[PDB]
Amino acid sequence: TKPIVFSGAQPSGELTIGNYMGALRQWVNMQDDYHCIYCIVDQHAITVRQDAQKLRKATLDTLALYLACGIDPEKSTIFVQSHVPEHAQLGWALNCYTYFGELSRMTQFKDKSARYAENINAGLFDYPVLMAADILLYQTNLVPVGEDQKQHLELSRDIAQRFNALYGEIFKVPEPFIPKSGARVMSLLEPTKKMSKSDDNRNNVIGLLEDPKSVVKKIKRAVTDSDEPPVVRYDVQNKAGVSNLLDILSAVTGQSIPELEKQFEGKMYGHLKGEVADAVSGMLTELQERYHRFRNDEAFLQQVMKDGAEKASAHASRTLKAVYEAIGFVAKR
Amino acid sequence: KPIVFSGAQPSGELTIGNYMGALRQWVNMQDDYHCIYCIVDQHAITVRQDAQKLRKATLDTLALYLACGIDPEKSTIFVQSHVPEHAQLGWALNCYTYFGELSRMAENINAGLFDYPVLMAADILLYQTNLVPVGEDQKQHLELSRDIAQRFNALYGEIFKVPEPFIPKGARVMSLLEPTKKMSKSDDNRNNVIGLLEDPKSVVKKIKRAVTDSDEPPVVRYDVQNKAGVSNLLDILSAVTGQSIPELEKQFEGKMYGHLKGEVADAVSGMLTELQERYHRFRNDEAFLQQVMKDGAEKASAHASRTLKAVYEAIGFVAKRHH
Ligand SMILES: CC(=O)NCc1cc(Oc2ccc(-n3c(=O)n(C4CCNCC4)c4ncnc(N)c43)cc2)c(O)cc1F
Ligand SMILES: Nc1ncnc2c1ncn2[C@@H]1O[C@H](COP(=O)(O)OC(=O)[C@@H](N)Cc2c[nH]c3ccccc23)[C@@H](O)[C@H]1O
Ligand SMILES: O=c1[nH]c2cc(Cl)ccc2o1
């Protein structure tokens, strides 16, 4: 049987080129090599207050966007998190094997709390435990994520090991799969800040479903540096904006930064931004064309959701039963 | 009928205080209310404990509740973990609970110890519960559940019933060696308690050590301030036999505390022997217990699923596509 890949994305905000390069791109390329399972994590999304109509539409938007990226429901399992109760069941049980301090130290909880001081809720704090349940339910070997999720993956490993050490080989210990390019795409006007799918300043982001012409304008206005002469060279410390642009370009074209640096020898930021906008505009145009054929076919989205929840449930129920037997619950009839 | 939700913790043997002071009265209220008894194994694991003892204690608790008279045809009795909706609603309600609310209820406590008040709130709100017979140590938990229900309702409509404490109490069973303290199932000093499974020799021994007073002559008279131990023995005897405190005071005129203790032990063990016979009959019948759990979980999930669906609809989740 193939090793198992699991990963998820929130139906909140609007997925960006950052979400694509750090995660979805890898999701698509691993579908034959591994047994892949991809999740729309609507239970995680509501740790930030959502409008109910927005959340429903965004869940379906996200599903269609997975399909548009090339996630293939005949190859991978695609499902909505709340459709599989085992996620919440194992999440509760794993609370009891997770320490308070492991959660309080989390960068995401601290960043999100500062952004939403009016809604610092227990779900936001408990977020990593539910994520660990997401992963461990499927005997997951590889978890393809961006860099910002490293700390959460590491906790899920610590939980798997702690539980296994008491109870036996109940969980696989997952490993992160973080790309060499595009693991942390940066904001266009603030290249020291991760690109956000919920930025108040849209000029910082390249949304997957955004008008390509709007994206191309945003690329040209991306901040660079004062170097004289202007030089296309990778240096995150001193040339954050140029470096981020090179990263996006490498991640879309598959070309190395060394290659790109040589290609831009004797050129300046106009050539750099012209190729970035060309490559990204082409990607988004093709993506969006596939997207609408999937997004407006409710019967197909309904079918994918149904089959996917059924496949996931068969795996998740097996793991949960072993977990419940190990901790000592009377098994359900 | 109003819906009553009670959570029965697997670990810890029930005492005569638990039985005469509450369960016995709830047993005769099963036609007045729609009573739900949830054996809360998911709450139990906030404290690390041996797995096989937890399984046994889950079944022990079920058989004892049956033995005390909970009627699975009249009331709903089930194991918490058998109903996924509890964890499902718990997660959702996490997202409507302030971190500060849980902190106001360190780095090495597990997250379940910190988060179980939200699971409690989900346990109650799942069943459109009207009444909850909390202990005094759970009043803040109930009040959080009410706060969560009102917060959610104010956002989404009247999805949840706002639960109320069960106010009325009602027999007074105090610790045998410390009569100012109530008899508690969780007491480490097992000599303060009489468990429902204790044999007549154990009851005699614990009653004989029960603290009395130095009155001379010894006088069997009710006085909680000045004669707490003798008063506790009198309350226990009256709770078992139904005889009034004045009647017992007349019955023990000119008698010593050894006489009183002898009758207390005899009365307590008489009451316990009928309960113990039923306990062991139920406990050793695997199929009966399995049927009770299967039926109870089916009844509970049927109600819980209706609430969860409404909650999920209010939040905006895409509804599940069943096969
Ligand atoms: C007596 C009664 O029926 N009360 C109502 C009621 C009880 C329910 O069951 C539980 C079980 C355990 C707790 N609980 C709980 O009450 N505590 C402490 C015990 C000492 N005093 C402060 C509160 C807990 N500590 C750790 N883990 C827990 N799970 C704790 C809390 C609740 C329950 O799940 C729902 C419910 F409505
Ligand atoms: N600017 C960026 N550059 C590169 N990668 C980025 C950027 N911003 C985000 N990412 C990555 O996108 C994925 C989805 O992010 P979400 O916020 O939806 O989603 C998250 O951040 C997860 N908690 C969702 C989740 C829930 N359970 C899981 C289990 C396994 C893996 C993932 C999950 C992630 O891989 C994230 O690292
Ligand atoms: O990960 C988690 N935490 C949780 C807390 C409750 Cl109350 C229920 C399910 C959960 O899953």
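Simply put, chain letters go A, B, ... down the sequence lines. We number chain A the same way the PDB entry does; the residues here are 2-334, in that order. We number chain B the way the PDB entry does; in order, the residues shown are 3-107, 118-181, 183-336. According to its header, this structure was worked out by X-ray crystallography, 1.9 Å. Both backbone and side-chain heavy atoms feed into the values below; hydrogens, waters and symmetry mates do not. Just so you know, ligand 1 is whichever comes first in the structure, and atom 1 is the first atom listed for that ligand.
Here the macromolecule bound to ligand 3 with the most contacts is known in the PDB entry as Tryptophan--tRNA ligase.
Looking at ligand 3, the drug there is chlorzoxazone. Contact chains for chlorzoxazone (ligand 3) (heavy atom under 4.0 Å, other chains only): A, B. Atoms of chlorzoxazone (ligand 3) lying under 4.0 Å from any heavy atom of A/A89, numbered from 1 in the order shown and given with element: 9 (C), 10 (C), 11 (O).
Chlorzoxazone (ligand 3) has a nitrogen or oxygen under 3.5 angstrom from a nitrogen or oxygen of A/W93. Remark: chlorzoxazone (ligand 3) atoms within the under-4.0 Å shell around heavy atoms of B/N96 are 3 (N), 4 (C), 5 (C), 6 (C). For A/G92, a nitrogen or oxygen atom sits less than 3.5 Å from a nitrogen or oxygen atom of chlorzoxazone (ligand 3), counting backbone and side chain alike.
Counting only heavy atoms of the protein, atom 5 (C) of chlorzoxazone (ligand 3) lies nearest to B/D127 OD2, 3.0 Å. The shortest N or O to N or O distance between A/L131 and chlorzoxazone (ligand 3) is below 3.5 Å. Atoms of chlorzoxazone (ligand 3) found under 4.0 Å from any heavy atom of A/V130 (numbered from 1 in listed order, with element): 1 (O). Measured on heavy atoms with a 4.0 Å cut-off, the binding site of chlorzoxazone (ligand 3) is A/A89, A/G92, A/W93, A/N96, A/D127, A/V130, A/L131, B/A89, B/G92, B/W93, B/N96, B/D127, B/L131.
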Measure from every N or O atom of chlorzoxazone (ligand 3) to the protein's N or O atoms and keep only the pairs below 3.5 Å, writing each with atom names and distance to 0.1 Å.
residue                  : atom   : partner : partner atom : Å
chlorzoxazone (ligand 3) : 1 (O)  : A/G92   : O            : 3.2
chlorzoxazone (ligand 3) : 1 (O)  : A/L131  : N            : 3.2
chlorzoxazone (ligand 3) : 3 (N)  : A/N96   : ND2          : 3.3
chlorzoxazone (ligand 3) : 3 (N)  : A/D127  : OD2          : 2.5
chlorzoxazone (ligand 3) : 11 (O) : A/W93   : N            : 3.2

